[PDB]
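Heads up, this one has lumiracoxib in it.
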Amino acid sequence: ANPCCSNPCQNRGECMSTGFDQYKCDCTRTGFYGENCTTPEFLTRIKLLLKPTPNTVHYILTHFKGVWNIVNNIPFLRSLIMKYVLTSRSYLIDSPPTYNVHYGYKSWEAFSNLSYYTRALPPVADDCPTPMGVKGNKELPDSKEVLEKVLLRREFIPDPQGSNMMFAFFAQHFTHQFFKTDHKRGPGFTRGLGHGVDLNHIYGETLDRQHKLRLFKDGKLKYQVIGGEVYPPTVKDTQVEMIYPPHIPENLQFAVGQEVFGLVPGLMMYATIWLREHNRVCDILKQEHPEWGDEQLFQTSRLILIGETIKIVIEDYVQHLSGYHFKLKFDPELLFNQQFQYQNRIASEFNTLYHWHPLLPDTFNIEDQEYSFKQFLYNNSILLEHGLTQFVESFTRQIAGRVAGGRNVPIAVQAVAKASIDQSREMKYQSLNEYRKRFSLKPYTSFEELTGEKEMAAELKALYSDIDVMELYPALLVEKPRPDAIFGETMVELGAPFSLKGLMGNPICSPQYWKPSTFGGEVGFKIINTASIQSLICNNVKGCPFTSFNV
Amino acid sequence: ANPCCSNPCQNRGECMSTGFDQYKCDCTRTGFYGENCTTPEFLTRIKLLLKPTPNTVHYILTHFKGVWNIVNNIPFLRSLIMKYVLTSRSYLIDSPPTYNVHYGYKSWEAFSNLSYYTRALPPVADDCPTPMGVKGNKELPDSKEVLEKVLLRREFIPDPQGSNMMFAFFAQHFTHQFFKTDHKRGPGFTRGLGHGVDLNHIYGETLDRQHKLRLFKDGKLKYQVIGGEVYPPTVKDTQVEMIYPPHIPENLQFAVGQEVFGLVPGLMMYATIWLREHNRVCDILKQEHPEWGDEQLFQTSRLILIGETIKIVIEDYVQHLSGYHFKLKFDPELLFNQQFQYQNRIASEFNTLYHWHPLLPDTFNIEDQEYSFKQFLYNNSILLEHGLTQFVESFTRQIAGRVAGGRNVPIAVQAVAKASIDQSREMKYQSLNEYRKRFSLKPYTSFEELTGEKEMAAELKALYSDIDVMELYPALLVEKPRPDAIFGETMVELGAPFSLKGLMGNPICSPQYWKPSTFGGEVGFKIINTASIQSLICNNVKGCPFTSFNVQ
Ligand SMILES: *[C@@H]1O[C@H](CO)[C@@H](O[C@@H]2O[C@H](CO)[C@@H](O)[C@H](O)[C@H]2NC(C)=O)[C@H](O)[C@H]1NC(C)=O
Ligand SMILES: *[C@@H]1O[C@H](CO)[C@@H](O[C@@H]2O[C@H](CO)[C@@H](O)[C@H](O)[C@H]2NC(C)=O)[C@H](O)[C@H]1NC(C)=O
Ligand SMILES: CCCCCCCCO[C@@H]1O[C@H](CO)[C@@H](O)[C@H](O)[C@H]1O
Ligand SMILES: Cc1ccc(Nc2c(F)cccc2Cl)c(CC(=O)O)c1
Ligand SMILES: Cc1ccc(Nc2c(F)cccc2Cl)c(CC(=O)O)c1
Ligand SMILES: *[C@@H]1O[C@H](CO)[C@@H](O)[C@H](O)[C@H]1NC(C)=O
Ligand SMILES: *[C@@H]1O[C@H](CO)[C@@H](O)[C@H](O)[C@H]1NC(C)=O
Ligand SMILES: *[C@@H]1O[C@H](CO)[C@@H](O)[C@H](O)[C@H]1NC(C)=O
Ligand SMILES: *[C@@H]1O[C@H](CO)[C@@H](O)[C@H](O)[C@H]1NC(C)=O
């Protein structure tokens, strides 16, 4: 019924109903004009030719290794390139934010209510004839069919980039601070009202939860010592709410910032490391500031660990993931002379993009064991038996699964994968091609172009019929990867602007915050600017074992 | 004990202790360096001579009327000048915000916790020997003696700029959407978590309160008809909580967005006008979009009224208040190629600056009556008696009081005026001169330089002794006014950046929002861009009386 159901407005033009069967496109500042914002202005047509494809840019960044080696050691050049990466990506994101699951038009409710995930593309209206608008059948294909035909893992496909379990568990730990779905309200809602890197997965979302986790001396967090090793305190001791089955022994009911980190020993591993890191920084700051109280030591440590997290995410985590030969740099100063909004709202699609279910291995190899999923879930005793040292060494060696390329989702989490499809439809996501156009990508013209092969493409075609009806989430997993890479084009071009906007959008990246005195002097500041995934383990893991995000 | 109690660092340098008796100044991006950030870098001293004093700039905008008459009719030149007005002010404000009443250092708690008012200057530490840091006596002078000697009104001093009660009540109505003190937590806390012009004083702070105020038909708000006139609904039939004394009959307990707007008939007047305006726009939008449901009609009307408010504040309200001959312009497009943060956090000092108690008259004159404060308080029957037309006409004619100049706080609200002093001390405000330096002003060297006279200057020196111990709030009410103006330098120079930041910082001023389609098309868009205080009254007050923010 809604005339905007076909998504007629192109090039990020805004559709508005002007009657019962009439619409108008707002091409304001789109660089286009006309009824559908399809007719390019003069300067627009020029930029369209000079601007290369994402695959071309990706190729350059992943080749000419010797050339980039020169670039990386030239500060002025490295800064200029990183600056371009930051600016060009962030312009894809609406900031301040616009739509959510309940509003396909802008409203104060959609802007002010922080309980919502925001939306890069508005939902398909309720009165639309088809789930994707007007294209496709009355109903999308069976989610179970799609899951089994092109998603479920037949044989474990390893990651050509060699991402290890240290990478996988960092990804889940890191992103669990801003993807906290409020299942009470629905998939379009979040409990992470901070909408970014606040480290609530360490310090708790609320003040009362924080205060229960704090020692209230020397700025430190509460902890217990088992076998000489520092671990998070217990539920019984702190009285913070954690999610554990009732049979878990008291000393194994670890109390941490995120209530679900007791689900996975891998998550509790990083939880322990960051806990130790916080208290380590507390020791450092106190030595520098013996005149400081417990409150200032705690708050200053937190700001430092926020910095450390962002530093590691960019220069180690993303650096590995991208496959670039360019040395990515975390440097807030790059944006000081640029137009940039220091704020962020977590996008529902970014949560969807991050559903990297194929990442998970068949078994979790630790030391000389090979635990299954049923053995791994809610079993922190594995963490205590082997210790952090053994965990780091084991997880650095074990390879993870390939996300794109189709047919690699372990059946142990098939219910979760199916839910990603269902909840995407429930939230009325637009199609793959509409999201591709939203991020300046060419729409696929066939399922074979999408997957790069014939077998899976044929199964998809029998299911969806029209390529313009292909869903975003399943496509991400079946997409034709980049040459010897973990991801396809769509995963990167969509996720990277969500990511960098959330990293650099942090208030500690703003010029008033990005000062040494903010972090307790040059000593605190250096901890941030020298942070790495290696030093974090070296500075929290016994014996200081080697580690990286690849095998 | 804290080695930063003396406020040593200057030019917005940040002080940090390094020992029990040692401090270091962070001069990053200040343009200065040295131990106390007082050594100007090469490019800095250059601008130090190229930058005119705020009094000079004010002189230019308040003179050469014939010249501005030429400038105002040249769109390029007008926009360019207005562009300078917006940018030069907003750079004084920390955005994202920094300190609050409990944090004199940056912390995630101070940033993330929206229940705090933010602070332009950090609080004086608790372990400091004196309230101002190290200067002055162990305790500040008696607030009662300060109030009585230099603040209390002997004889009414009318505003030389001719501000009326329409202005006075608009100020109180408009600002009480973001100045909503959480008295249960303290004077440094707020209940306005929107921290800006969200119009919660019309629609309600919470979704729950909003829904009870809504008709859920044609996007409209609930209303009742009394004598053929549209008024807000009652507490009885909406169940929204309002603050009323128990002797007020339920039929007179009007329910609106802000729970305290029943306190003053002048507030309830604007609440009605804005209620009517909302439903007026819903009618207009429905005509343009018969295919729209109730929810989109309500929401789109809210964005438009937000636009209307900001438009009127700038082009009418601030326009009159500033005294500028230059025509101020509400144009979000002016900031699209400028570095600007579309976000705002309400500053505790902005609230303190807006305690315009001397604005209040001795009596509230409606038609032929002269209601005292006791009679005017919580008396909505006065509104139903005279009406809205007579209210607008009467308030347009009655002049308001001069804020600066000293001794003009009416006695009826002396307790409130004393609270403003005491709570500033409770929140550990830094001195007047510290706030002047914080906003690129020159510190006063004597109380005489502050007041511009001798009698009150002698009173204050006997109380404060040192000029560097003079408090911010009492100074604003006794400061030497600009030539025939309502305010002194400190008021305008401190407040204007807070204001423009909160106005332009609204998300609807951002490029993705500032589109016709955001407001339902060109018809809705035009309501914003042609709004004014007169049209607001004309479309919603019977008879369309002639109104203004000043008397003839
Ligand atoms: C954000 O939006 C949600 C969803 O509309 C609000 O939650 C609803 O609140 C109303 C009344 O407050 C209830 O009747 C609904 O049952 C709630 N729905 C859900 C799914 O929880 C929420 O109150 C809004 N938040 C704010 C701060 O306004
Ligand atoms: C913002 O800060 C205030 C003040 O610290 C917090 O209010 C305190 O909350 C704790 C824990 O719930 C209570 O024990 C205190 O009694 C409260 N004090 C006051 C003065 O209200 C408030 O919870 C914080 N807000 C958020 C969202 O964390
Ligand atoms: C791993 C368990 C999935 C089996 C689900 C039912 C089989 C449907 O999946 C079929 O799988 C075959 C094996 O890969 C493919 O050759 C076919 O293309 C596919 O249709
Ligand atoms: C869904 C997704 C997409 C991209 C990235 N990172 C990334 C990448 F994989 C390539 C280039 C830049 C960036 Cl920021 C990430 C990882 C992250 O930055 O959170 C996730
Ligand atoms: C305490 C205070 C200070 C200044 C103003 N307005 C104002 C002014 F009075 C002169 C120049 C610009 C502006 Cl924004 C105001 C009114 C307002 O913009 O809300 C209050
Ligand atoms: C705009 O799109 C509609 C529907 O997609 C189409 O019918 C029409 O021809 C288009 N107009 C132009 C000028 O491209
Ligand atoms: C938990 O892990 C231990 C290994 O430390 C294993 O022996 C035990 O069977 C596991 N328990 C469950 C319920 O999987
Ligand atoms: C800096 O300030 C301190 C205390 O205010 C003072 O003693 C010192 O002389 C100052 N130094 C300079 C270089 O201004
Ligand atoms: C309220 O106003 C009326 C005039 O309408 C007046 O007669 C009455 O005395 C007032 N009430 C009080 C308590 O002063």
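Here is how names work: the chains are called A, B, and so on, in the same order as the sequence lines, proteins then strands, and each is numbered from 1. First listed ligand is number 1; within each ligand, the first listed atom is number 1.
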| In what form does the model contain lumiracoxib: which ligands or which chains? | ligands 4 and 5
| If you rank chains by how many heavy-atom contacts each makes with lumiracoxib (ligand 4), which has the most, and what name does the PDB entry give it? | Prostaglandin G/H synthase 2
| message | Can you tell me which other chains reach within 4.0 Å of lumiracoxib (ligand 4)? Heavy atoms only, strictly under. | response | A
| request: Report all residues and nucleotides of other chains within 4.0 Å of lumiracoxib (ligand 4) (non-hydrogen atoms). | output: A:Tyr317, A:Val318, A:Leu321, A:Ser322, A:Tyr324, A:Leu353, A:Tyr354, A:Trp356, A:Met491, A:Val492, A:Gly495, A:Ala496, A:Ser499, A:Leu500
| What's the shortest distance from atom 7 (C) of lumiracoxib (ligand 4) to any protein heavy atom, and which residue and atom give it? | A:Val318 CG1, 3.8 Å
| field | For A:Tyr324, atoms of lumiracoxib (ligand 4) separated by under 4.0 Å from a heavy atom | value | 11 (C)
| Active-site residue (UniProt) of chain A nearest lumiracoxib (ligand 4); heavy-atom distance | A:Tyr354, 3 Å
| field | Closest protein heavy atom to atom 16 (C) of lumiracoxib (ligand 4), given as residue, atom name and distance to 0.1 Å | value | A:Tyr354 OH, 3.1 Å
| Contact atoms of lumiracoxib (ligand 4), heavy-atom distance to A:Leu321 under 4.0 Å | 5 (C), 6 (N), 9 (F), 15 (C), 16 (C)
| field | Closest protein heavy atom to atom 20 (C) of lumiracoxib (ligand 4), given as residue, atom name and distance to 0.1 Å | value | A:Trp356 CZ2, 3.4 Å
| query | So which protein heavy atom does atom 18 (O) of lumiracoxib (ligand 4) come closest to, and at what separation? | reply | A:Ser499 OG, 2.3 Å
| said: I'd love to know which residues UniProt tags as binding substrate in chain A are close to lumiracoxib (ligand 4), meaning a heavy atom under 4.0 Å. | reply: A:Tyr324
| message | Within the 4.0 Å heavy-atom shell around A:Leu500, which atoms of lumiracoxib (ligand 4) are there? | response | 14 (Cl)
Would you mind writing out a table of all protein N or O atoms found under 3.5 Å from any N or O atom of lumiracoxib (ligand 4), naming both atoms and giving the distance to 0.1 Å?
from                   : atom 1 : to       : atom 2 : distance (Å)
lumiracoxib (ligand 4) : 18 (O) : A:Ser499 : OG     : 2.3
lumiracoxib (ligand 4) : 19 (O) : A:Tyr354 : OH     : 2.6
lumiracoxib (ligand 4) : 19 (O) : A:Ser499 : OG     : 3.4

